[PDB]
Visitor: 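Structure in structure tokens, see below.
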Amino acid sequence: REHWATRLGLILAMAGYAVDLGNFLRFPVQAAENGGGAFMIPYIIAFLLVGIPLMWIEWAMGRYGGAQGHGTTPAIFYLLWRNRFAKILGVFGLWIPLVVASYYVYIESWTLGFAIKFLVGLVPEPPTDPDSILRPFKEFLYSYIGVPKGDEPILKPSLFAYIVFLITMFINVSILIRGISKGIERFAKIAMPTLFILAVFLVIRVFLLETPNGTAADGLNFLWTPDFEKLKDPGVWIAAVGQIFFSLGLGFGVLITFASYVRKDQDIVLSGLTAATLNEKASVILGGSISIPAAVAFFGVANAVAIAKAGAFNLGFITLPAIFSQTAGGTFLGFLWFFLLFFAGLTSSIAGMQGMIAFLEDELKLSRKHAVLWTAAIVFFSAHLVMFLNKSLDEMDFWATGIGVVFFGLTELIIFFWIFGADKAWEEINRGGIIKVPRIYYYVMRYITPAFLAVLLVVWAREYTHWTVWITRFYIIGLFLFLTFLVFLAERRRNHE
Ligand SMILES: CN[C@H]1CC[C@@H](c2ccc(Cl)c(Cl)c2)c2ccccc21
Ligand code: NA
Ligand code: NA
């Protein structure tokens with residue numbers, strides 16, 4: 001079996017997975033709409049009661065199953081719980097990341113495309129007034145995506161956007177085809193420093209932004225200013241819990257797959273806590289000091305709520321490029337921005353597609369070349385549903401990463417800590433640990449964490465379309481069935497040998 005080369009590379013690949021666009025865009029927006037700096041109160045709490053424990057558990061299940069040549073949850077859930085239903089539940093942790101991949105790489109391709117467009121100067125040049133600056137970039141993006149002009153739910157992406165997507169995929173394959181150590185890890189040692197560099201440079205440049213409308217200090221002011229009255233809102237306490245899942249990457253079965261390349265007695269306690277911290281520092285320090293400040297600085301704190309309510313996607317693909325077309329040499333800033341975002345995705349999409357690659361290697365005994373190509377061929381095909389069917393993206397994401405990861409996360413808890421047994425699990429986590437997990441986390445992992453996951457699981461089901469959504473539902477259900485069939489073939493090949 002493949003293994004990570006250096007302890008550093010492990011943490012960087014682990015941090016590379018969790019460090020993403022959401023760090024720079026989604027996190028700053030959620031904080032601004034949920035109490036500013038007061039949002040740190042329920043967020044830090046959720047980082048402690050939910051995010052850290054669940055991460056250790058996936059590191060635990062990962063390493064536990066990796067020692068036996070199995071990196072995926074259809075196998076690992078059967079090792080924690082020898083059952084017919086356990087294999088079926090494990091399919092989700094191979095289904096989820098395959099669904100997300102169908103649309104993540106595509107969104108990743110966009111940043112690559114914009115980075116290229118910005119670098120060569122192929123960007124809109126307005127003109128005065130805010131809607132006079134934003135509209136040229138709102139249209140620039142929509143011509144790239146192919147946003148429907150008519151009533152039809154059909155997207156018509158540019159030939160360029162499509163080609164970059166092939167190129168983007170090709171880039172992903174290159175890294176994945178070289179393996180865990182000479183590929184993902186080797187890249188994680190290049191990307192993460194390069195990432196941090198671009199991040200700091202933008203932070204420095206952003207703090208030097210001054211307009212008649214405001215300064216970067218006003219952005220950091222508005223953003224981090226605590227609104228403790230919003231802490232009364234349960235929804236804020238829910239946004240915090242959902243965000244932790246999102247930021248860390250829990251419930252994607254990727255940590256489990258990635259941790260399955262960690263050696264049997266190698267530390268997973270401190271290493272994970274490091275990668276977890278790298279992601280958080282990336283968010284509160286680097287991320288919340290570029291996007292929100294730069295917007296408030298240019299449009300004034302009088303629009304700060306309007307900008308936050310405009311969404312994270314707008315902030316990074318429409319709002320910030322429009323601001324860069326109005327700054328000194330900002331055509332190159334546009335490039336550094338979309339190139340910062342490209343790596344943030346590439347370090348996460350190589351981690352996402354490994355779950356399928358691991359399954360084809362471990363369970364169907366395919367070579368690494370075939371496992372990588374066939375996974376690519378599957379992702380490339382399914383993305384056409386995302387590229388051409390309007391709102392197909394929202395549908396896949398809602399199920400996979402809105403209900404799916406939260407459900408599957410509570411599944412990992414119960415299977416590893418209630419079915420497999422808490423004591424056997426607790427030992428599995430602490431073993432080989434440089435530092436030992438605090439004795440108090442035994443109770444958190446057993447009650448508090450699955451409680452939080454459960455009471456959240458109740459509200460997102462109580463709180464929550466066209467007809468074309470059935471097309472996407474049809475396809476992604478058909479994915480689950482097909483993956484059930486491969487798990488079935490995997491267990492019929494094993495009885496013969
Ligand atoms: C974990 N937070 C980021 C990390 C990578 C990125 C991600 C996660 C899983 C996969 Cl399978 C892929 Cl391809 C990509 C992602 C997706 C959705 C939501 C959040 C995030
Ligand atoms: Na994150
Ligand atoms: Na990443």
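Sequential numbering from 1 along the given sequence is applied to the chain's residues. Reckoned from all heavy atoms, side chains included, excluding hydrogens, waters and symmetry mates. Each ligand, and each atom within it, is numbered from 1 in the order the structure gives.
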Visitor: For ligand 1, what drug is listed?
Guide: sertraline
Visitor: Can you help me out? I need the name, per the PDB entry, of the chain with the largest number of contacts to sertraline.
Guide: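 The chain with the most contacts is Transporter.
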Visitor: What source organism does the PDB entry list for chain A?
Guide: Aquifex aeolicus
Visitor: Would you check for a covalent tether on sertraline and tell me the residue and atom?
Guide: none
Visitor: Using a cut-off of 4.0 Å, list the other ligands and ions near sertraline.
Guide: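 Below the cut-off I see nothing.
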Visitor: Provide the binding site of sertraline at 4.0 Å, counting non-hydrogen atoms only.
Guide: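 By heavy-atom distance, those would be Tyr17, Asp20, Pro97, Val100, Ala101, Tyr104, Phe246, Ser247, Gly249, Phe252, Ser348, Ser349, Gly352.
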